[PDB]
Enquirer: 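Below are the structure tokens for one structure; questions will follow.
Protein chains get the first letters and strands the later ones, always in sequence-line order, with residue 1 at the start of each. Just follow the structure's listing: the first ligand is 1, and inside any ligand the first atom is 1.
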Number of protein chains: 2
Amino acid sequence: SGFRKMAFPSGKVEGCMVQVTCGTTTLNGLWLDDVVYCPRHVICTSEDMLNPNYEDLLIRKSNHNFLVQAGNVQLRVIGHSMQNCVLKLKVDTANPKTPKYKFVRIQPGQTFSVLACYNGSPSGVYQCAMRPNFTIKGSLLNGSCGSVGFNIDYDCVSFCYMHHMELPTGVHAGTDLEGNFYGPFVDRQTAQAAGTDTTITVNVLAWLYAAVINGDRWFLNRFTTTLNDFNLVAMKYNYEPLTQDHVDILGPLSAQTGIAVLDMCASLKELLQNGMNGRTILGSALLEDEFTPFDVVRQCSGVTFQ
Amino acid sequence: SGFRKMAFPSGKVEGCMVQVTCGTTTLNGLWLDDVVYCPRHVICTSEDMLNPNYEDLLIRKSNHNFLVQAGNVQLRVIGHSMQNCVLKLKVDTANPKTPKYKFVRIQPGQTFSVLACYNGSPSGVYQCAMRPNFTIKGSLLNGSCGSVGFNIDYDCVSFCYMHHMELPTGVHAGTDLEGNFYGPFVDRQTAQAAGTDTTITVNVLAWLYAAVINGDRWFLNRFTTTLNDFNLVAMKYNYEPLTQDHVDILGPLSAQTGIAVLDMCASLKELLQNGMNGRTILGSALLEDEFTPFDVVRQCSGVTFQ
Ligand SMILES: *C(=N)[C@H](C[C@@H]1CCNC1=O)NC(=O)[C@@H]1[C@@H]2[C@H](CN1C(=O)[C@@H](NC(=O)C(F)(F)F)C(C)(C)C)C2(C)C
Ligand SMILES: *C(=N)[C@H](C[C@@H]1CCNC1=O)NC(=O)[C@@H]1[C@@H]2[C@H](CN1C(=O)[C@@H](NC(=O)C(F)(F)F)C(C)(C)C)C2(C)C
């Protein structure tokens, strides 16, 4: 029993982290097979970053200009290219700790674990959601660029995020592992801001199913509602719309706990309207929207990884 | 910027996890050097567990009765002993992934990461505090016994917790790595309950310093107070007493943020009395007591591990 914001075990990703230095600038890289991936602004001075021309900056660089350190081993760089906002460095040594892996681009509301690194070394791991405005509520500092976000499926690491920048209000933005930003941001130090954020409704419901699984049931009322009556109320409270795909996805939890997805929607409808009245669900005094249905199932049924 | 409940990177501990089967009963073991440690109730049937005589149960067992599986390798058991509530199994192969490590017993209020495992495989990692009543608010299921809690210091894993049981209200109890329970519990299925829990005051203050570091400052008032005026109020609200050792420990954060420890106590005094008035500190609608001062410093200054 019990419900925590759980991270994926990080060991597979730890074996892939390296430090990448170009001149004065140092950040983290991901070493997979014989390629190191990192954010392209490693090739910028602090001044370049206000208004960089990356293609121009990269012409001036040759392979020996990139210092890649894996522990106390320097990896010899034998090629380099740029793919959108990530730099790819080919090295003459294949990382022997490379796990089976894929590159994926995730959807808003999906979760992943971030392995926060500095100088190629891990500082910690935590669970994050891609927010509907395409930010993540991270804990990331100077030097953390190149830290990656990931899921594990059995023995396979799906890398979905590489960290690039912090935005106003202390939220974070980055790219998929092809260098393509989540959201309309660019890797340049100029005034930018996230769109107004919104609550991931399918995740709140999944969290409510987890509460039921763990014996938190005071918020259950005796009502149903159609998808229309609920989504109408949700729009006003700035809640993302709930689709029938979401209902289908919530299915396994609905069948497990004996509560139809629409009955949970009825219960949540009341909660939003009437407030929690000083009580807590799973020890939180706020509706929680950063657990996907599969996160709840993986947590509550003990799913492991190899 | 940003503040998350962060776990230690788990890779070092992952390399130590194995599965230990005795007859029908299976749970997790920790393989360090040529010894596997696990909870001693692996030698119990379900019926034995209501009222076990462990010494009696263990006489009946020889080395070949313990199936230890490390991945797809069976480790040959060549010795076994019992040390309080943990069983130690000597195997003929030293774990080549054994990190530098120590066994420590932690104090109430101290934090650690739990690597939750089933069948010798990791399911996830999360941060936990030893509660003042000697429980932990875990997320742990059937088969999770043998999962361990730990800290990392540079390159050294300090193992502080081995998981044994769940108590009423869905909280968890276990031993240090010498088999000695935290708190007055015993490894037997009979009615037991945790003492009434209490809020770890030095941790709340450390969390308030983290909020200040990250720009959350609305709860700061213009008052001081002596340690007596505050601790008197705290007793009523069921807050652990704040000692001068705690003040000395809070020192680095006090000097970093420019707020004397007593001024933070003044601010917290008001918070408890007047409530948060529907606002959130670091995005939480509740005072948070599961970050030690060193957790805040390690998170906010980017401390890594090798
Ligand atoms: C990579 N190591 C850092 C990580 C930052 C640093 C502080 N917290 C983080 O997450 N990435 C950067 O510093 C990027 C980078 C230039 C500047 N930058 C920023 O994150 C800046 N943000 C912005 O300029 C804004 F508003 F656009 F988001 C900063 C003010 C330093 C937070 C480049 C190349 C975008
Ligand atoms: C080890 N794999 C399990 C982990 C438990 C199972 C469900 N959640 C957990 O954390 N450990 C046990 O099942 C231990 C073990 C016998 C029974 N037990 C319990 O945790 C039981 N608790 C108690 O009996 C009580 F009240 F004393 F805490 C149970 C009712 C199954 C939760 C032994 C040998 C103590």
Enquirer: What's the drug at ligand 2 called?
Expert: nirmatrelvir (bound form)
Enquirer: Help me out: which chain holds the greatest share of contacts with nirmatrelvir (bound form, ligand 2), per the PDB entry?
Expert: 3C-like proteinase nsp5
Enquirer: Under a 4.0 Å cut-off, which other chains come into heavy-atom contact with nirmatrelvir (bound form, ligand 2)?
Expert: B
Enquirer: Name the UniProt domain of chain B that holds most residues in contact with nirmatrelvir (bound form, ligand 2).
Expert: Peptidase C30
Enquirer: Please provide the UniProt active-site residue in chain B nearest to nirmatrelvir (bound form, ligand 2) and the shortest heavy-atom distance, rounded to 1 Å.
Expert: B:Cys145, 2 Å
Enquirer: Any nitrogen or oxygen of B:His163, main chain or side chain, under 3.5 Å from a nitrogen or oxygen of nirmatrelvir (bound form, ligand 2)?
Expert: yes
Enquirer: Counting non-hydrogen protein atoms only, what is the nearest one to atom 35 (C) of nirmatrelvir (bound form, ligand 2)? Give residue, atom name and distance.
Expert: B:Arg188 N, 3.3 Å
Enquirer: Among all protein heavy atoms, pick the one closest to atom 26 (F) of nirmatrelvir (bound form, ligand 2) and tell me residue, atom and distance.
Expert: B:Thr190 O, 3.9 Å
Enquirer: At a 4.0 Å threshold, what atoms of nirmatrelvir (bound form, ligand 2) neighbour a non-hydrogen atom of B:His172?
Expert: 10 (O)
Enquirer: Which residue and non-hydrogen atom of the protein lie closest to atom 23 (C) of nirmatrelvir (bound form, ligand 2), and at what distance in Å?
Expert: B:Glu166 O, 3.7 Å
Enquirer: Hey, which organism does the entry list as the source of chain B?
Expert: Severe acute respiratory syndrome coronavirus 2
Enquirer: Considering only non-hydrogen protein atoms, determine which one is nearest to atom 12 (C) of nirmatrelvir (bound form, ligand 2) and report residue, atom name and distance to 0.1 Å.
Expert: B:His164 O, 3.6 Å
Enquirer: Could you find the nearest protein heavy atom to atom 13 (O) of nirmatrelvir (bound form, ligand 2) and give me its residue, atom name and distance?
Expert: B:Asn142 OD1, 4.6 Å
Enquirer: What's the covalent partner of nirmatrelvir (bound form, ligand 2) here, residue and atom?
Expert: B:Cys145 SG
Enquirer: Nearest protein heavy atom to atom 3 (C) of nirmatrelvir (bound form, ligand 2), by residue and atom, and its distance?
Expert: B:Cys145 SG, 2.7 Å
Enquirer: Define the binding site of nirmatrelvir (bound form, ligand 2) with a non-hydrogen cut-off of 4.0 Å.
Expert: B:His41, B:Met49, B:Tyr54, B:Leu140, B:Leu141, B:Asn142, B:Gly143, B:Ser144, B:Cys145, B:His163, B:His164, B:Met165, B:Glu166, B:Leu167, B:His172, B:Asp187, B:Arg188, B:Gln189, B:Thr190, B:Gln192
